[PDB]
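Bound state: 3C-like proteinase nsp5 + ensitrelvir.
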Amino acid sequence: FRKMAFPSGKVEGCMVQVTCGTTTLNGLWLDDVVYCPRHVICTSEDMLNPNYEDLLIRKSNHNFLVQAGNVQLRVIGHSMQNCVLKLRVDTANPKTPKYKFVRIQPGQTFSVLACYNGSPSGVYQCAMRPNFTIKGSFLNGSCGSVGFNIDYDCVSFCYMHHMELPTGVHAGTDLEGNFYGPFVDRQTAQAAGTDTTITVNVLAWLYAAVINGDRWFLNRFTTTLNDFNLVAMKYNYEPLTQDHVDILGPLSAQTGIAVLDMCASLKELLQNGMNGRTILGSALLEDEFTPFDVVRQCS
Amino acid sequence: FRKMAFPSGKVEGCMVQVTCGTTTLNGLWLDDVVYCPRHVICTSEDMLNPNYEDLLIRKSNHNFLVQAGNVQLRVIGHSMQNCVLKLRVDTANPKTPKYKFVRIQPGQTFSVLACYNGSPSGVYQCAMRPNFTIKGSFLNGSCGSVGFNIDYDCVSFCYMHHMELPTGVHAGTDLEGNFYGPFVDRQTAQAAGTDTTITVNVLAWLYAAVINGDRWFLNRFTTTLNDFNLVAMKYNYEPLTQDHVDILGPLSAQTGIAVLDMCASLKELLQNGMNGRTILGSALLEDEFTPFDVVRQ
Ligand SMILES: Cn1cnc(Cn2c(=O)nc(Nc3cc4cn(C)nc4cc3Cl)n(Cc3cc(F)c(F)cc3F)c2=O)n1
Ligand SMILES: Cn1cnc(Cn2c(=O)nc(Nc3cc4cn(C)nc4cc3Cl)n(Cc3cc(F)c(F)cc3F)c2=O)n1
């Protein structure tokens, strides 16, 4: 049982480089439009406190250099949608997959294709944190890298990377240009709200552990949904809804362990700790696998 | 630090399905050859103790169903090299990347493109364990999935998945069909040897911690390589090779910490533990990041 990302080929064929003067980052080329963070129009000076409508009115199509590998794509139009710039180009991307733009909710996972200067570099799985950050692996030049899910050859794009916060976590937008979380696309120090643990995901991962043979944390105690949620809230865990209980149904059926019985196991782990033991080789309770992630990798 | 895979697109374009009768698995289509585990020629009654030479003689080109998606690739020649079947097909794959076949050492990492029925499903990073297994994530139908590294647009293929062992770890071959480890391609219970910790990779992880400013474990001692190797084996750690010392060179240079001084720091951690302290936010020493992985990040 590993963190597993979707195959990245359908997205690799869409990555391009976008340059404005000295400023360069990654863009996403779908049909005849390139999507990228609007931060690209900023000079070093502009970055600290940009007025984007002002900066963009002073721009012309020919100010934008879009490179797909070695081939330059000519910009024939541009517009801004919130924090995303849309560059219309005179060529359609022949590698454009079937795709959709989606806004995900906290706790949901996605694959990240980290890119630098328009070239893909690596792929890994992430989760939208409850405080709307992501704990990614991004370096300088990764701005504009995207996160996505794939279902039946349709790529659902959900994240476009913008910035690293002082704590090392990451902030970005959906592909409509709206930030996840209370952040803005300005180079100034920004903190996130206090984060919490994604409870339904921890439970899914405990089920993964049982499916893979690690059972030491199970017990014969039990709990009600409300009494579990009281303890969860005490420990900065997200509440578990009846919808979450329903979504864990397939894993409870496969393992014969009722959801509220797994909740009682988690309650004990929160109250007692792991006593130096590990679960799926982890010394800490992992919360970045969804119930669907576990079902897909174990079935 | 987390495990990151290489982008998988160059390998996705090479995955195909190979079927013999009802036995079906994944193959790798490069130029006009498809590579796949020879186990595919086993009927369910042959899988226990197959006579592969006798099974191959009964086979003709037209017995092999090779499919890219739903498109059949006509087989024009077939041969067996060690544990891999090589099916020559009448179409050169237009998506063939620049590639080579390499045989890796324990501790080396690679990306796995897990596939089912010729269809890529997921990608993740893996390390070759000292006992020549990999702690992968594979289901039924994954036979023939490959592992690879990418360096400057060249794909180095290093693993072809064959089987799951009773302990849940996985065993396979290089792309010349030679198994990693003392395994054979028969559906018989084979136990993996006792595993050990990948010392060169733990050392890389310590350098990564130093680079990020976490350096409490740097002690005032040094050691010789022979001295360290003898101590390491008493803690179930792998001995270091001359090649290992060399691949730590870049990280040693970047930090200014001699390899042998870092060995002495590791030795102290093996003989005393960590005393509640963590390294890179982890109470456990990570051994599946190579020195290349560390610099890669
Ligand atoms: C360490 N790290 C992790 N993720 C990131 C992402 N990231 C980034 O790749 N680039 C940024 N600033 C730029 C500087 C440039 C210098 N040149 C020549 N061109 C540049 C282009 C960019 Cl985008 N930033 C900072 C940043 C990016 C934003 F989109 C934003 F709204 C505010 C910010 F402070 C950055 O975080 N780096
Ligand atoms: C749970 N798991 C994790 N990895 C694996 C890999 N694996 C596999 O995918 N298939 C195997 N046997 C087959 C059965 C088939 C049934 N049909 C209809 N077609 C089949 C094709 C195969 Cl390959 N095996 C077992 C196995 C495969 C070998 F290549 C080998 F040499 C020995 C073995 F015991 C398998 O491990 N499953």
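In what follows, every chain begins at residue 1, and chains take the letters A, B, ... in the order their sequences are listed. Order of appearance sets the numbers: ligands from 1, and atoms from 1 within every ligand. Keep in mind that the numbers below use all heavy atoms, side chains included, and drop hydrogens, waters and symmetry copies.
At a heavy-atom cut-off of 4.0 Å, other chains contacting ensitrelvir (ligand 1): A. In this structure, the binding site of ensitrelvir (ligand 1) at 4.0 Å (heavy atoms) is formed by A/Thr22, A/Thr23, A/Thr24, A/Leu25, A/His39, A/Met47, A/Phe138, A/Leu139, A/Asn140, A/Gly141, A/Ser142, A/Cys143, A/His161, A/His162, A/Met163, A/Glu164, A/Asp185, A/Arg186, A/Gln187. For atom 35 (C) of ensitrelvir (ligand 1), the nearest protein heavy atom (residue, atom name, distance) is A/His162 O, 3.5 Å. Remark: minimum distance from atom 37 (N) of ensitrelvir (ligand 1) to any protein heavy atom is reached at A/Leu139 O, 3.5 Å. For ensitrelvir (ligand 1), the polar-atom distance check against A/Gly141 finds a nitrogen or oxygen pair separated by under 3.5 Å. For a threshold of 3.5 Å applied to N or O pairs, the pair formed by A/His170 and ensitrelvir (ligand 1) contains no separation below that value. The protein heavy atom nearest to atom 18 (C) of ensitrelvir (ligand 1) is A/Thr22 O, 3.2 Å.
Counting only heavy atoms of the protein, atom 36 (O) of ensitrelvir (ligand 1) lies nearest to A/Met163 CA, 3.1 Å.
From the protein, the heavy atom lying nearest to atom 14 (C) of ensitrelvir (ligand 1) is A/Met47 CE, 4.0 Å. With respect to atom 10 (N) of ensitrelvir (ligand 1), the closest heavy atom belonging to the protein is A/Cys143 CB, 4.1 Å.
Under the 4.0 Å distance rule, the nearest protein heavy atom to atom 6 (C) of ensitrelvir (ligand 1) falls inside the cut-off.
Looking only at heavy atoms of the protein, atom 12 (N) of ensitrelvir (ligand 1) is closest to A/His39 CD2, 4.4 Å. Polar contact with ensitrelvir (ligand 1): present for A/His161 (N/O pair, distance under 3.5 Å).
Protein non-hydrogen atoms do reach within 4.0 Å of atom 21 (C) of ensitrelvir (ligand 1).
In terms of N/O distances under 3.5 Å, ensitrelvir (ligand 1) is approached by A/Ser142.
From the protein, the heavy atom lying nearest to atom 1 (C) of ensitrelvir (ligand 1) is A/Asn140 OD1, 3.3 Å.
Residues of chain A near ensitrelvir (ligand 1) cluster mainly in the UniProt domain Peptidase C30. Near A/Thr23, the atoms of ensitrelvir (ligand 1) lying under 4.0 angstrom from a non-hydrogen atom of the residue are 19 (N), 20 (C), 21 (C). Under the 4.0 Å distance rule, the nearest protein heavy atom to atom 25 (C) of ensitrelvir (ligand 1) falls outside the cut-off. Lab note: per PDB, source of chain A = Severe acute respiratory syndrome coronavirus 2.
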